[PDB]
**Student:** 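In this model we see bortezomib bound to Proteasome subunit beta type-5.
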Amino acid sequence: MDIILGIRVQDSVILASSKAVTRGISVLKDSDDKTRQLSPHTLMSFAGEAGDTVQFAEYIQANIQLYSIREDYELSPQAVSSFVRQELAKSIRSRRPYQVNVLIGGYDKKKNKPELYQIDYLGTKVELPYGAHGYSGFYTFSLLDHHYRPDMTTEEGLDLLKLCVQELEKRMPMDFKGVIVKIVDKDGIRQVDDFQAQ
Amino acid sequence: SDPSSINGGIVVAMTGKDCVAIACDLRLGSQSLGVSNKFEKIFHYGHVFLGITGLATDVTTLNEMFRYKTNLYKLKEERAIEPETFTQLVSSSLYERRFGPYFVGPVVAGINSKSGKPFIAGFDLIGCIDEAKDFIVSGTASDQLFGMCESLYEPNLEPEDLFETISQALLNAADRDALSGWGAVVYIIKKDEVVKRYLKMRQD
Amino acid sequence: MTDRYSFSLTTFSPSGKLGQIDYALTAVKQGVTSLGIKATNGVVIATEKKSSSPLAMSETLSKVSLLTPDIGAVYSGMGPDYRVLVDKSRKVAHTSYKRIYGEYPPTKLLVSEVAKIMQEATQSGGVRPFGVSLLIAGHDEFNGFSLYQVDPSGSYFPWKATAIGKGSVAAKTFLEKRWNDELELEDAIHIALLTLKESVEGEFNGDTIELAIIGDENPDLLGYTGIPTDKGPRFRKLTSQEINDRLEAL
Amino acid sequence: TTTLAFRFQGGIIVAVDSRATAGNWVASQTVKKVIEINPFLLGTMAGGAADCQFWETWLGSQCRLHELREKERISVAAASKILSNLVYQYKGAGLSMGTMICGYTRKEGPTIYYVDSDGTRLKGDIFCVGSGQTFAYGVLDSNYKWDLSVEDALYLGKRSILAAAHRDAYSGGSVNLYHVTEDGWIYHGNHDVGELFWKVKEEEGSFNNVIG
Amino acid sequence: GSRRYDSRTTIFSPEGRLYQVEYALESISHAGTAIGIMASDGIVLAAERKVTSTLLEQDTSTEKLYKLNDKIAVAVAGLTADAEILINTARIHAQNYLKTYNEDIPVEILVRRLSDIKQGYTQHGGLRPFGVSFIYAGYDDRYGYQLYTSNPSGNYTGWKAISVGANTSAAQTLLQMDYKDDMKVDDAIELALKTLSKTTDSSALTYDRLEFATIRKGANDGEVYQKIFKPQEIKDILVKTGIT
Amino acid sequence: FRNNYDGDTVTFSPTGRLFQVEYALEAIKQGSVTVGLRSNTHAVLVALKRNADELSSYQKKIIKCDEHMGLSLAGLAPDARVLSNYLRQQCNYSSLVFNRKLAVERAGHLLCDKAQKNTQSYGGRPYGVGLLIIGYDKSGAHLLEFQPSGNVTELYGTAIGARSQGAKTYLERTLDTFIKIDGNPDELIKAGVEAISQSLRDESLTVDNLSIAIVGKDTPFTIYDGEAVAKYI
Amino acid sequence: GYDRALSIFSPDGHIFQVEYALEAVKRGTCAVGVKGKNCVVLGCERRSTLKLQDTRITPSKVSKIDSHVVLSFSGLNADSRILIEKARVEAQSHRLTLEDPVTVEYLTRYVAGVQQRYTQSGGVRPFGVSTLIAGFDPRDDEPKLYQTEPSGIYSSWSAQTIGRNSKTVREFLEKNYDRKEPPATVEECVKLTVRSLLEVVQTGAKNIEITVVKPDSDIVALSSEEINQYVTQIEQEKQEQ
Amino acid sequence: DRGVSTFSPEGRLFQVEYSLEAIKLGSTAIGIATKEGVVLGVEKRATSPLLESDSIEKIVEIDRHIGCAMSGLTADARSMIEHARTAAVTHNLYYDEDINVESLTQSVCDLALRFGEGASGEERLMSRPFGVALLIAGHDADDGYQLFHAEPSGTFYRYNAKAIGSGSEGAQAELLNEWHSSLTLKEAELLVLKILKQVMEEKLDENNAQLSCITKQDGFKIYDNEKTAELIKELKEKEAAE
Ligand SMILES: CC(C)C[C@H](NC(=O)[C@H](Cc1ccccc1)NC(=O)c1cnccn1)B(O)O
């Protein structure tokens, strides 16, 4: 293990996810979007076992969308993350657990605060200013421990990501083919198309 | 391999003079990697306090489960659950999963609202109740906690003294455990009030 | 074979009555009088042992049953229906309460369980409602002493005092005159014996009358010693001799 | 096995080998590793012969069912997700398939999906699958342009399988070629490696190493 | 066989009505009236205890007002035993929601669910419906104070003020006349007691024949409080409003 | 009387009759006539097929159950499809498990027991079809009559359906002659076609109107229709 | 356990339980749908047996099944919730497996199939509900309107109405709707929809609700004032003659 | 009450017979089989001019070589078609070949008697018989162009020509006279259109009726409205010619 990073700045949550899909010996794809929009203001990134990954993400997506239609309302990021954790918590004691790790980034339109949730395949949840899954954190957590401020702008947060990705590109053994970066704020979810060279 | 050693974490409880205290560390880890330093392992239903050590996912699950059951209890009984009773509810709830247990070390602290009598208890992962008069210890530094407690402890301590004791017991046990620490929180429970203090400790 | 009665046998009639529940209550009306009275330091339940043969041994048929060490029951209506409700009440007190909080259920909750069992007989496929009304008396630490009536519909209500069955209307009236909130348990047993004498046709003694109390803990009735917090059931069935003693000061 | 599919200006090129092995035993040199799902849909086979052949023949039936039900051609996305979702039900049972679902609907344009028995489903322009995949990739990656002619594309496909048939012990026999446009797939023949190899060497100057 | 004795609880009448629902509704109409009034700063629930006696212990009693949540409560009109079955499942549903999302259940979600359970008894399983009508009083952070009503059909609707049980038509007319949108809780309390006092089928409206509750944002907290009125509290507030 | 006791198969009448079963029996009588008869070497089925219009097919009356066993039907055709199918499975089970051709007598007992279960249980119904079963087993040629009541009888000959009483009296009269018609298939069929024509009234038995079946010594159960029955008209 | 055949044939070949389910529809509040050239409008009446309701929280008559499809109905309210839920669930299921939202015809066929199933299954009664389903297929800019009934039959309509006095409003629409020239605009479509309800509702600012569905998931409900501005203008046409 | 699978004293199943009455109330459907194909026609019968008539689907494809027409409670036909399609596709999956028209019809008819409240024999969970009759038409290698009438009794008959629904007894007498083993496909189209025109209440046009055929070469086709309209021009011109 895909790179999965997240950072909560002043007014947004930024998610960066690696683009590579490698099966055994070959890199099959270099433009893979390891993310699902759960609702207009809630984004989920994921990494783990081959099939389980998308299967789990899409299943969560279907459920949140169902909720949205039934209630004509958008669940808070805290509610969505609690729902996801419970699903993973059941999963781990079933016949074949979902081997999927997730980051949930949401903008809570009720409070006006960004929120980042890290949940692993066991259903271990924690809320964080920044997080990662797999080996990513081994390089990135120290950079972020050093450079992170809670009042940082979205632009500052992107620079700090750029720093993290540079460190990963230098020291990680795998070629993860760069990241796709997405911002979650008051106005929704957008993709930075210019991270290949920013 | 050992679900009790993945996330790391300690909880300790003591009785004093007309008071009880319960403490935990704040670390949430994934083997060697520290993940969160804000992971509190003490919860409370009414005036009854519960700390859980062990696998974090089960720690969270069990909290949500006891909240659920104590809410229902209160609606039917029209009173808050008592420490004695809750201890029984924990035990039977854990034993219910005898051959597929929750990987946790629960700890109950509180003062009976009717009798004023201080109460603590500890459990194994399958619900065996240990109801000590002095202290209960739990977590990846339980050996260290037993050592600290067995020496530092004395009966009938005043809330302000009991605070100093339980804090030293926890702090010094945590610092000999790679998987415990990263912050610490202590609850001093008296009939009338409950005080909560975050301790200053090594961040390594 | 196979129960193919998967439909309700109790349904609403155009006027909105539930026929079978009414008819069950009618069966309760034909039943021997029973009554309960709540004192400050106890509760008494009483009824008449209406033996069906002088060849029958009336001790082998108790109408007053212990449900938990602090809770007792009595009824008016169909005896066999009552008996199975006692079996079930005793069991549910364990499965739904003791096996979960390590203590016996408070009176209201055990009542609440009984009532549910009776409600279900009113709605489930292929059954008839229970043909009984129960009086349940008990004690618990946090609610103190308490008397409850449970009817075939599954409804229950708390009482200071009441009577059910044959002479209930007369007996209820007699209790309204005699009841006050300062009654000691002995006084209540006295009121109970007076009230029941109006209902009994024949002999009125400790062999005919079945009476039980919920009062003080009885450590002599525990069967063991050594655990301070086990201070003995509060439920006590009075002996034939204990009744006759109070019938001389009547 | 080596199978490939790539998307270009002219649509989809699909090229596969035809070898089956049992250990070191060559079981067949004449396996049909392309399944014609419908006039506009192709599936490729890699891994377990039975698994692929059975579940892709089954896919055909599920697609035909769709068209009777919705009075319209199945989408490439929907077809692939059927096989994907089925295969995912069986995860861990030991199904062994590396598969490519290729088609040309109006709504999606020329479309390739990679589906395997791990439950992985990916959309893309270039895929090589099988034990000889890496060999096919070298040739394909170095000569691919969107702007290839139908003729050059067909040849690059055919030449890529030739590369893999040569180096990979478990690939070989013959090449089967397909071109896909909106009008439907067109078969472009069965080319035996035994004759294709010498032809290509002589005309191209490649395989200079081999004495011939 | 059995078919002989089947009342067929879930068929349509030729006029397209459901027999058992209608007869259940007829039973509800004889039950003690319950009133719900929503104000801007809170909600009121009031209900007349049907049939009473000197010996009925009112301190230990509850037949009409039930707590479902810390933020939701109901008033009952109909069979108490039937209501308790429904009340218990409602408490569970609330807790299931709370465990799933870590948020208290929005009032409508709970109401819709209970209404769905009732609707089912109307369409399959050949059982009699629950002889219950509910008034729901609750608060949540999406809609604020809310008042709902459900009946044996499994239909539910939202109200500023409503009544269930006996004499609803007279009571509805009275509430329609005196209710105003800018009402306070304290004014709502008075309206509910006036209305019950004007529709009782008893001589006079005494404390021992009532159950009373309020849902208030009690301003000094900046969080919502459910007050189930104790018998003495009803006796007091009955004097203040001028009924003695 | 009757109206109160004919609601289902689970109800006895005061005289001990089961009317639902008797009503099933009435569907047989309303069915088209079919005949069965046997020698010691062969067994023959002859059936008069019925059409709906002159634009309709004539509905098939003969079903094969195994290589040595088959049947003709009178009544509800779907019920015959269900019962022949069950018989097909029993014939099949005997072969796979025991490598044994099922005794015709044994097939008789199986059909009886299957029909019976539907005459004593609630929500079920009797079968509304009569069946004539012929076969050649280890004890020679056989003919069976199945009634939806469960009654199965072994016979030399019989007929069921509308106007069936004609052929039945013919067979009863012919008995001594046809029982001997061994080693000659065409003559046994001729006797069968002569039997079935004793039950004609409406119309004559035509080429696409006849259905005949034969089984015996060295003849696997075979169905004849149309052109192939021409030499018997 | 309970599998009694409640929907059976009677001697003349009718299924009374279905026929009676239709009677339940006839008692429901009226519902109407008209398709414009480039939109579909759904109109519903609000009853006046009782008034003192909370309109904020009371279940509205038009339901979103997905972002591009709406559903309205006449008949038993409770019964309709069961249908809406199954339809919403199916909509997400379709998006999950097909990777495309449902067509209006697909969704309509599903709801109708559920309705039919309840007319030949043991132990259940038919839905006392008829529905109008309206919207636009993914990536279509051709408006769709369908109707279902308790039997399970469904079909598409240029304009249709259901419920009490639907007979009246159908008449209006029949001699007022021209297929050659659908209402060219959202505005003249909404106006035709209100007009048809004004035949039956008999004075109704707060008694009429209107939902407008435009292509690509653009669905809006009108407020009382916006609706009342239509009622005001329509009654001026009558007096100017 | 009375069991759903009770016999009448005449030996008929009450529910099946009543079901047959429901079918008599349905829209007319007509099938004609020739050596050049089988034609299937139906009366659309819209209940209002606001109903978009082309959304009336009473002729459906089962497979490329089998189509069918329905009459009666048409909603009842959906699960019958679903079963038929599955049987056809399934057969092809198992046998790498087309299902025979007769085998397909038999499969559909097997569903028919699977109604009741628990009948001792197998699991018949369907509360009532289907209230729809079907005309199943197609081609196969062995027995050519075929027309079958599938009833809710589980029985099916093969027909040279057959009408079902409201005008069926009338239409059938007309078919009795008009059909011969030599019609061409064109003659059969015209003949369905003519018979449908007689029995229909409205004036038959290309909107209120629908034509279709199944030929060996092109499979099952539903004629679009423009094609049928020209056949309607054409039938009028020949009736006017004498
Ligand atoms: C899809 C099949 C037909 C093609 C090839 N598979 C086989 O030859 C597989 C073994 C294999 C070899 C290399 C990699 C994976 C699996 N062989 C078979 O399935 C097989 C089937 N029948 C007889 C003998 N072998 B392949 O993917 O290299």
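Here is the naming used below: chain letters follow the sequence lines, and residue numbers restart at 1 for every chain. In each ligand, atom 1 is the first atom listed, and ligand 1 is the first ligand listed. Hydrogens, waters and symmetry mates are skipped; everything else that's a heavy atom, side chains included, is used. What you see here is only part of the deposit, and the contact count is restricted to that part.
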**Student:** Which other chains sit close to bortezomib, with any heavy atom less than 4.0 Å away?
**Tutor:**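 The other chains in heavy-atom contact are D.
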**Student:** Any idea which UniProt active-site residue of chain D is nearest bortezomib? I'd like the heavy-atom distance to 1 Å as well.
**Tutor:**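 Rounded to 1 Å with heavy atoms, the UniProt active-site residue is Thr1(D), 2 Å.
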**Student:** I'd love to know which of the UniProt bortezomib-binding residues in chain D sit under 4.0 Å from bortezomib, measured heavy atom to heavy atom.
**Tutor:**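 Of the UniProt bortezomib binders, heavy-atom contact within 4.0 Å holds for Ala49(D).
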**Student:** Can you walk me through which residues contact bortezomib using 4.0 Å for heavy atoms?
**Tutor:**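 The heavy-atom contacts are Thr1(D), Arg19(D), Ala20(D), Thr21(D), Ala27(D), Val31(D), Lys33(D), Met45(D), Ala46(D), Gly47(D), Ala49(D), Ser131(D).
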